[PDB]
Amino acid sequence: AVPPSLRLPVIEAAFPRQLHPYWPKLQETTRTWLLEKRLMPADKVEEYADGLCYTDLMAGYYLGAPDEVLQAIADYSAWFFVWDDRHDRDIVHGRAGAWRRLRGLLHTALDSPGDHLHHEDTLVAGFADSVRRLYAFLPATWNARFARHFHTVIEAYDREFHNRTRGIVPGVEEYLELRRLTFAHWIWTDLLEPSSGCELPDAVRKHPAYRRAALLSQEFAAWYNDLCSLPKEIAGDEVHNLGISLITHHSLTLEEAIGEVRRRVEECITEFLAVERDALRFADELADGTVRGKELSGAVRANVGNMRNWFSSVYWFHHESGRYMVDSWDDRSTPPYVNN
Ligand SMILES: NCCCCCC(O)(P(=O)(O)O)P(=O)(O)O
Ligand SMILES: [Mg+2]
Ligand SMILES: [Mg+2]
Ligand SMILES: [Mg+2]
């Protein structure tokens, strides 16, 4: 059961949870990968990794993915959480130089991951290992798009470093634009495609119904995270959260800001339901009688289905993951799974 202030009856009633059959192996394989790549201290991996639920989150999202595709996605996603923690710790400890060098290495390793598979920086080497594997599933045109999108994410993280070290809370609208990048909306959208085994042509993925359904799936996930991660983020001096922008720039109380975020999250659901019809109608029209049309139609259908699965996977993740359980920590500003 979910607390009333975080509960979304439409998710519970109309977005039934799904789980990929590979999840039991995925859980352990990603945990062992975090161990062997030295991405988190060994004792923190053993105490906290399974409870963090990072593999559950991806196994509830990319249904139908080949096991090896899901494994690369889950390793990358676990890496992404660790990167979010390293970024936080670099800000808290004022390690501007360490962050700038990491930012530069990630840009280089994103373009040529093979060259960085054995880099002395374990966070860079782990990044490169997951990215090299992701680059092996589809043609190089998809790899270049993933790279374009993630270069932008890195720079959004750099903007967040600038904001936090200066004490800048972005305006609401500025935040909403930045949040499509710091949440990596377009990376999760790109990853739908190796999960269904088909690189979509630009004309298909840029169709207004596909693009809007993909956007709303990610807006829901990012803003629902804002809602559920607000307590940990206030405690940790994080400034990036729709609720914090609302409190800071529109004088809302905490109760008012929580209600406003929850309403925006609710609207993403019912807006998505409307555009999902259009996206599935588009899928049907792609089935033009040809083999290629059937392939594209099935790929779009699977991708839209996973856009929908993201809603339920993100919803339950936030109530299962130890990542958000600030009330249980000795120091609410320093989560126990973070290397301080
Ligand atoms: N899909 C999860 C992306 C990882 C980003 C981490 C967060 O969502 P973010 O820093 O983006 O708010 P969290 O609230 O857990 O710190
Ligand atoms: Mg964070
Ligand atoms: Mg972050
Ligand atoms: Mg958050």
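Going by the PDB entry, the residues shown for chain A are 16-355, listed in order. Atoms within each ligand, like the ligands themselves, are counted from 1 in listed order. Below, each value reflects all heavy atoms present in this structure, side chains not excepted, and no hydrogens, waters or symmetry copies. Recorded method is X-ray crystallography, 1.4 Å.
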Options brivaracetam, neridronate, gabapentin - drug at ligand 1
neridronate
By the naming in the PDB entry, what macromolecule does neridronate (ligand 1) touch most in this deposit?
epi-isozizaene synthase
For neridronate (ligand 1), which is the ligand I care about here, please tell me if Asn240 has any N or O atom under 3.5 Å from one of the ligand's N or O atoms.
yes
Side chain or backbone, does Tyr339 bring an N or O within less than 3.5 Å of an N or O on neridronate (ligand 1)?
yes
Give me the residue, atom name and distance of the protein heavy atom closest to atom 1 (N) of neridronate (ligand 1).
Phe198 CZ, 3.8 Å
Is the closest N or O pair between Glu248 and neridronate (ligand 1) shorter than 3.5 Å?
yes
Using a heavy-atom cut-off of under 4.0 Å, does the side chain or the backbone of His333 touch neridronate (ligand 1), or both, or neither?
neither
What are the atoms of neridronate (ligand 1), with element, lying closer than 4.0 Å to any heavy atom of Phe96?
2 (C), 4 (C)
Return the closest protein heavy atom for atom 11 (O) of neridronate (ligand 1) as residue, atom name and distance.
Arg194 NH1, 2.7 Å
Which heavy atom of the protein is the closest neighbour of atom 6 (C) of neridronate (ligand 1), given with residue, atom name and distance?
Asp99 OD2, 3.3 Å
What are the atoms of neridronate (ligand 1), with element, lying closer than 4.0 Å to any heavy atom of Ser244?
14 (O)
Identify any other ligands or ions less than 4.0 Å from neridronate (ligand 1); say none if there are none.
ligand 2 (magnesium ion), ligand 3 (magnesium ion), ligand 4 (magnesium ion)
Could you tell me whether neridronate (ligand 1) has any atom less than 4.0 Å away from a heavy atom of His255?
no
Whether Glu253 lies under 4.0 Å from neridronate (ligand 1), heavy atom:
no
Show the binding site of neridronate (ligand 1) at 4.0 Å, heavy-atom contacts only.
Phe96, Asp99, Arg194, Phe198, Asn240, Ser244, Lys247, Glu248, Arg338, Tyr339
